[PDB]
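Among the contents of this structure: talazoparib.
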Amino acid sequence: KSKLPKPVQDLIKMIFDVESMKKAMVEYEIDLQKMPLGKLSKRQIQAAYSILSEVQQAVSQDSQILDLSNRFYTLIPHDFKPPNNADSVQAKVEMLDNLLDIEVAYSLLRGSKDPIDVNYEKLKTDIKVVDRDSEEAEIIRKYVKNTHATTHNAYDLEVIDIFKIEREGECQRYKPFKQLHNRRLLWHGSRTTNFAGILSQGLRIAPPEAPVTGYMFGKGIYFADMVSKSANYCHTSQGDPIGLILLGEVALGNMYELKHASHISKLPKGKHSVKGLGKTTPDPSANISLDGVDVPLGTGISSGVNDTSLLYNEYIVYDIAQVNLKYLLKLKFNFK
Ligand SMILES: Cn1ncnc1[C@H]1c2n[nH]c(=O)c3cc(F)cc(c23)N[C@@H]1c1ccc(F)cc1
């Protein structure tokens with residue numbers, strides 16, 4: 001019998017759900033016999049990324065293009081006829097990203113005591129419940145409620161549980177950025193099946209093999225100041241309407257503000273982050289400070305920037321150590 005609070009136990013079961021991993025694979029139409037959950041390998045996936053890079057290049061740039069599409073399907077077996085377009089190549093990339101974390105999740109799970117407590121320990125994260133009556137819960141609730149975008153109206157968000165999280169070794173890694181100017185509490189959403197990898201390894205940057213297309217500001221860690229922009233990356237459906245979103249303290253420092261896409265390979269010297277300027281910004285006057293970190297929880301208003309490719313802000317760091325994960329929210333998506 002696990003001594004852990006029931007919301008923490010429910011979180012572990014949700015993270016380490018094999019049925020969820022298998023369901024995701026069934027939806028991606030992967031052959032579960034030719035490519036079972038336990039046989040997905042990093043080497044196979046990284047090599048598939050490379051073929052998708054050799055593919056997106058031919059589309060950007062027919063015997064050798066079919067031979068590249070066919071060599072990909074040989075590498076990542078599917079069961080269908082097998083279906084140009086960088087958006088389809090980016091879908092395969094995202095599938096491979098989900099497949100990797102699905103592999104990590106299964107790897108931890110498979111690789112005396114209650115299975116819930118044993119699986120908790122594999123996450124190397126200290127997970128505590130934030131009380132509904134606390135000042136932190138109130139601030140977090142206000143942040144969810146106010147930063148829901150007017151354009152994003154496919155669902156309503158409801159906070160189920162708020163967890164305070166301490167990833168093992170992240171405190172040590174963060175130390176150089178601890179006193180940096182412009183530290184902000186920002187959103188990061190992901191598929192529930194990715195949270196085993198995120199808690200055990202932290203938020204990561206896409207490998208060099210992975211195609212850069214899709215990464216507007218290049219390969220880094222992306223954050224939003226509007227909950228609905230990050231909540232979309234949960235990919236919640238009416239079927240599975242419960243998602244997980246992070247609140248991270250991000251050491252932005254001096255921001256390289258951009259109004260359009262730019263594949264950052266090296267920031268301008270003296271700059272520590274990119275801020276993609278959006279048309280709508282959370283009201284800066286309502287900006288509060290939760291334990292010395294800026295919390296942009298104001299309601300969505302015009303930033304004045306009409307000359308931009310973005311509707312809402314996004315923040316990107318290019319060093320994993322600039323992120324200190326603080327909270328994990330369990331959100332109910334109530335679709336309209
Ligand atoms: C899909 N993905 N994989 C890693 N990071 C992400 C996204 C992302 N995840 N989560 C967020 O909360 C977020 C909040 C933003 F304002 C902006 C974001 C994100 N863009 C990231 C993005 C989008 C498309 C793409 F092709 C590559 C990267």
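Residues: numbered from 1 along the sequence shown. Ligands are counted one by one from 1 in listed order, and the atoms in each one are counted from 1 as well. FYI, side chains are in, hydrogens and waters are out, and symmetry mates aren't considered; it's all heavy atoms of this structure. Looks like X-ray crystallography, 2.1 Å, at least that's what the header says.
The chain forming the most contacts with talazoparib (ligand 1) in this entry appears in UniProt as Poly [ADP-ribose] polymerase 1, processed C-terminus. Neighbouring residues of talazoparib (ligand 1) under 4.0 Å (non-hydrogen atoms) are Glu94, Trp187, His188, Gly189, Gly214, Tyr215, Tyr222, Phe223, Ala224, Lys229, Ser230, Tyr233, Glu314. Intersecting the UniProt NAD(+)-binding annotation for chain A with heavy-atom proximity to talazoparib (ligand 1) (under 4.0 Å) gives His188, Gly189, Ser230. Rounded to 1 Å, the minimal heavy-atom contact between talazoparib (ligand 1) and the UniProt active-site residues of chain A is with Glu314, 3 Å. Atom 3 (N) of talazoparib (ligand 1) has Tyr215 OH, 4.2 Å as its closest protein atom, hydrogens excluded (heavy atom only).
For talazoparib (ligand 1), the UniProt domain of chain A with the most contacting residues is PARP catalytic.
Looking from atom 10 (N) of talazoparib (ligand 1) to the surrounding protein, the closest heavy atom is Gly189 O, 3.0 Å.
Nearest protein heavy-atom neighbour of atom 18 (C) of talazoparib (ligand 1): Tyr222 CB, 3.4 Å. The model tethers talazoparib (ligand 1) to no chain through a covalent bond. Shown here, atom 24 (C) of talazoparib (ligand 1) is in close reach of the protein: a heavy atom of it lies under 4.0 Å off. Protein heavy atom in closest approach to atom 2 (N) of talazoparib (ligand 1): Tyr233 CD2, 4.5 Å. Within a 4.0 Å radius of atom 16 (F) of talazoparib (ligand 1), the protein contributes one or more non-hydrogen atoms.
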